[PDB]
Protein chains: 2
Amino acid sequence: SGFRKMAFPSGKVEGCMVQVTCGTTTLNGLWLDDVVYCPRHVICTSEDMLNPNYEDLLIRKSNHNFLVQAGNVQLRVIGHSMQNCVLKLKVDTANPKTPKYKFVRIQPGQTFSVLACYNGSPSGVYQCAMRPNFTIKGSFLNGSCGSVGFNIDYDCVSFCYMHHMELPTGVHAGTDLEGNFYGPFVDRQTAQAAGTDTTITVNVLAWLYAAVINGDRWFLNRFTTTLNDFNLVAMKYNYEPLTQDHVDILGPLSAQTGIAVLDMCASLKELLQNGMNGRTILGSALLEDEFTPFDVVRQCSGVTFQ
Amino acid sequence: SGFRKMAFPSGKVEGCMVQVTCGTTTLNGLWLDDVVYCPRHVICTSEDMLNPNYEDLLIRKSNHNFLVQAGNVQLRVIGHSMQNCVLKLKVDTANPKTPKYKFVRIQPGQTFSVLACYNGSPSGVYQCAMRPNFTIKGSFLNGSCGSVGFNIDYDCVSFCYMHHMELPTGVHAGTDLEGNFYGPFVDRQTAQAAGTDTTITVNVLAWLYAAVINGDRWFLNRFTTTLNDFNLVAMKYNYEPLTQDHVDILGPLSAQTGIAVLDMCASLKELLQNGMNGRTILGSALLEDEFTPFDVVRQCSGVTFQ
Ligand SMILES: Clc1cccc(Cl)c1N=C1NCCN1
Ligand SMILES: Clc1cccc(Cl)c1N=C1NCCN1
């Protein structure tokens, strides 16, 4: 019993974190086999970041200018290339701690764990979600760039995020491990603002199921609804529209609890319309949307790794 | 920027988790040097747990009855002893992955990370606090017993909790690594109920400082208060009394922000008296008390490990 915002165990990623220094700048890189991945803005100075021409700035760089350090041990850089917004530094030693791994580009609403690092050193782990506006709400200070987001399935780390930028509103933007930004964001210090931070409806529903499984059930009501009626209310509250795909993925939690997906939607509708009146659900006073259906099953089941 | 419920990186503990089986029962143990620590109720059956005589049940056990497995590899048990509510199984191989470590008994209000495990395998990590009633609000299913709580300071893991019991109210109870329970709880399936879950006032204040550091400042007001006046309100809201020790430990956050501890107390007082009126602080609709002052400094600073 109990339901917690839970990150994946981070050891497998911890063994891949290194420090990358180019000139005056130091951030984190990810060492997988004989390649180190990091944000290409390592090559920029603070001034460069208003309008960088990365291809021109890169001309001035040679392998020996990228200082890569794994713990107290220096790695030899034998090649480098730019792929979209990441650098790939080829080193002469394969990381002996490389886990099984994959690079995934996730969809908005999907959750992942972040290992926050500074100077190649892990500082903490927490769970995040790719918001529908393609930001994440993280905890990143100067030097955390190159920290990564990831999921683990049995013994295989699926890397999905690399941290690059803090927007002036305090939210965060980054890339997949091929270096393509999530959303419209760019690695320049310019006027970029996040769109509407809509609520991830399927995740709220999943979390409500989690609550019922754990004895928080005061919000269950006598009502039901339809997809179209529920979405009229969702839209009004800046909730993502619920689709039949979404209903289907809630099927297993529906089956375990005996509460039809649309009956749960009617509970959510009343919560949106009447608030919580000072009550709590799973220790929260607002409706949590950073747990996916798979997350809820996983944690309510006890699936483990490696 | 950003402030998140953050656990310590878990790799160092992950390398210490093993599976312990005695008879029909399997839970987790902690392998440090040549000793494996686990809950002594591994030796009980489900029936035994109404009124176990551990000393008598142990007479029937020999080294070869405790099956200890590290990944796919069996460890040889060459001795065993009971220390309060934990077993210490001596094995013939020292864990090559033993980190630097200490056993600490923590005080209520102190926070720590938990690595939830099943069958010796890590499933997830999350941050917890030792409640003032000596429970923790965790996420533990059957087979998670022997999962541990810990803090990390530079390269040294301070183990402070081992998980043992779920109370009928869904909260959790456990021991330090010498096997003494936190609080009045016992390892028997009996009528034990948690006392009042009071709110950890110094932690709420710390978190409010964290909020100001990150731009959430709507709750700052024109008022101040005194320790005695604030505690009259704290008591009414089942908040722990604030002491001068507490004020002193908030000193550094006071200095960084320029907000006197007692002025912040006056903000907290108004929040307690008038609620939040549908607003949020650091993404929460209630007052978070599972971040210590040290936690807030740590995360707002970027301290790293090993
Ligand atoms: Cl397995 C592999 C794939 C691609 C490149 C290298 Cl160098 C590889 N070799 C190692 N990676 C981890 C230790 N050896
Ligand atoms: Cl360092 C120590 C302290 C106590 C007992 C043993 Cl067996 C020790 N040896 C090792 N622990 C980790 C690897 N070797």
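Proteins get letters first, then strands, A, B, ... in listed order; numbering begins at 1 in each. How was it done? The header gives X-ray crystallography, 1.6 Å. Counting starts at 1 for both ligands and their atoms, in listed order.
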Colleague: What is the name, according to UniProt, of the chain making the most contacts with ligand 1?
Modeller: 3C-like proteinase nsp5
Colleague: What's the drug at ligand 1?
Modeller: clonidine
Colleague: Quick one: other chains with a heavy atom closer than 4.0 Å to clonidine (ligand 1), which letters?
Modeller: A
Colleague: Taking 4.0 Å as the limit for heavy-atom contacts, which would you say applies to A/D33 with clonidine (ligand 1): side chain only, backbone only, both, or neither?
Modeller: both
Colleague: Among all protein heavy atoms in this structure, tell me which lies nearest to atom 9 (N) of clonidine (ligand 1), with the distance rounded to 0.1 Å.
Modeller: A/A94 CB, 3.9 Å
Colleague: So, for clonidine (ligand 1), where in chain A are most contacts, UniProt-domain-wise?
Modeller: Peptidase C30
Colleague: Provide the number and name of each other ligand or ion under 4.0 Å from clonidine (ligand 1).
Modeller: none
Colleague: Only heavy atoms count here, so choose which of A/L32, A/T98, A/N95 is nearest to atom 13 (C) of clonidine (ligand 1).
Modeller: A/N95
Colleague: Which residues of the other chains approach clonidine (ligand 1) to under 4.0 Å (heavy-atom distance)?
Modeller: A/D33, A/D34, A/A94, A/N95, A/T98
Colleague: Please give the N or O to N or O pairs under 3.5 Å between clonidine (ligand 1) and the protein, distances rounded to 0.1 Å.
Modeller:
| residue | atom | partner | partner atom | Å |
| --- | --- | --- | --- | --- |
| clonidine (ligand 1) | 11 (N) | A/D33 | OD1 | 2.8 |

